[PDB]
**Q** 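Examining a structure with amantadine at the moment.
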Amino acid sequence: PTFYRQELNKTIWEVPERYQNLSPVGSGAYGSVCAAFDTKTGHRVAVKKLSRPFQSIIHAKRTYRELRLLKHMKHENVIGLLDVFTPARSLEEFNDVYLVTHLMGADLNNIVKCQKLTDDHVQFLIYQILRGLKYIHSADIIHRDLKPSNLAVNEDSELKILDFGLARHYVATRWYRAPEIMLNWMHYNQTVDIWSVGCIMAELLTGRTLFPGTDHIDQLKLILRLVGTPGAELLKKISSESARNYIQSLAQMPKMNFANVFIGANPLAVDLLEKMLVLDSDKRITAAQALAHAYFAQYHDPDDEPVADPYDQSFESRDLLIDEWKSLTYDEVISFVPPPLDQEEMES
Ligand SMILES: Nc1nccc(-c2c(-c3ccc(F)cc3)ncn2C2CCNCC2)n1
Ligand SMILES: N[C@]12C[C@H]3C[C@H](C[C@H](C3)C1)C2
Ligand SMILES: [Ca+2]
Ligand SMILES: [Ca+2]
Ligand SMILES: [Ca+2]
Ligand SMILES: [Ca+2]
């Protein structure tokens, strides 16, 4: 393919002539993104140029991790890959990676901000998050920082999870993070992401942020006002003695009845929130359990809530040299097989 160069976000992008009319639509994890027109299929796409993908061992492994993850993700509510390209003619020239997915014009903050959402619409939005989570969780992938700005939404409210499974080694909002993550507790499971869904769903229903804490301690106090003081068993999870002593010394608070917090909400929504917003991560509902909850009865379809193929994450434990990660990434670029344009069939 013939490539062309265009300065976007103050830097030169080099892309195949197939992709036209690039215009910036914001930053993503470790890269910046442009919307484009795919002249091969007439579809609108989003193209992410990774920033400094091989500058250090941290960047190089992050680049491999992201390409491996995105090549594996094949679910209608999870960002996946239509294409991956590099202007490099060989590994020796290889220093830039571009990832291509379907264009999603908005994030969840664009949906709720200026819109009084109906309950049926909230159901659809949360249903899609949970369907995507069941899939990624089934591959032993956790998001860990799920929030409205990590949920891409298109013009018809179709939603995809992105920026999951990233980070190993800019000020982000922590309002949606699971307490065990925000506070660095010693163990956690996939249901960290279900806490985040609870926080998102609460805000879609009320129009107000659930736990808008000014710092870690203020946020914890807001959380405890809703869910009540935890038992000594929860302290088991917290390494820092100072943190445990602080929590233990707080004046005891009762759990609130969520029916008195989400006044006027669908009682089924309140019940689901009660099951998601639990401090005990072993008591928190899973994504697959939540999809069966009566709140989603008009959307639930077991035939269309798939799990993922096994995902080999053995590379995560390995320390390799920059050029090894780079060569592995080049291999993944070259071996990528674009999916069919139409991968779906009418149901039954
Ligand atoms: N508009 C849009 N549409 C789809 C995805 C993205 C996208 C990607 C991304 C990931 C992989 C890929 F291959 C291509 C793009 N990373 C961050 N974003 C965000 C850019 C602005 N915030 C919401 C989405 N942006
Ligand atoms: N957002 C809220 C924070 C705190 C807990 C609960 C009820 C009140 C006090 C408002 C949610
Ligand atoms: Ca169906
Ligand atoms: Ca079809
Ligand atoms: Ca479609
Ligand atoms: Ca069916």
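In this chain, residues are counted from 1 in sequence order. When a ligand or atom number is given, it counts from 1 through the structure's own listing order. All values below come from the heavy atoms of this structure, side chains included, with hydrogens, waters and symmetry mates left out.
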**Q** Which ligands or chains belong to amantadine?
**A**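 Every copy is at ligand 2.
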**Q** Report, by its name in UniProt, the chain making the most contacts with amantadine.
**A**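 Most contacts go to Mitogen-activated protein kinase 14.
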**Q** Where, in terms of UniProt domains, do most residues of chain A that contact amantadine sit?
**A**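 In chain A, it is the UniProt domain Protein kinase.
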**Q** Backbone, side chain, both or neither: what part of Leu210 comes under 4.0 angstrom of amantadine, heavy atoms only?
**A**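 For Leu210, backbone and side-chain atoms both sit under 4.0 Å from amantadine.
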**Q** Below 4.0 angstrom from a heavy atom of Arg225, which amantadine atoms are there? Numbered from 1 as shown, please.
**A**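 So the answer, numbered in order with elements, is 9 (C).
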**Q** Organism of origin for chain A, per the PDB?
**A**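 Going by the entry: Mus musculus.
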**Q** Show the atoms of amantadine that are less than 4.0 angstrom away from any heavy atom in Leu222.
**A**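 That gives atoms 4 (C), 5 (C) of amantadine.
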**Q** With a non-hydrogen cut-off of 4.0 Å, what is the binding site of amantadine?
**A**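 Heavy atoms within 4.0 Å: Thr209, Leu210, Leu222, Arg225, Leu226, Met256.
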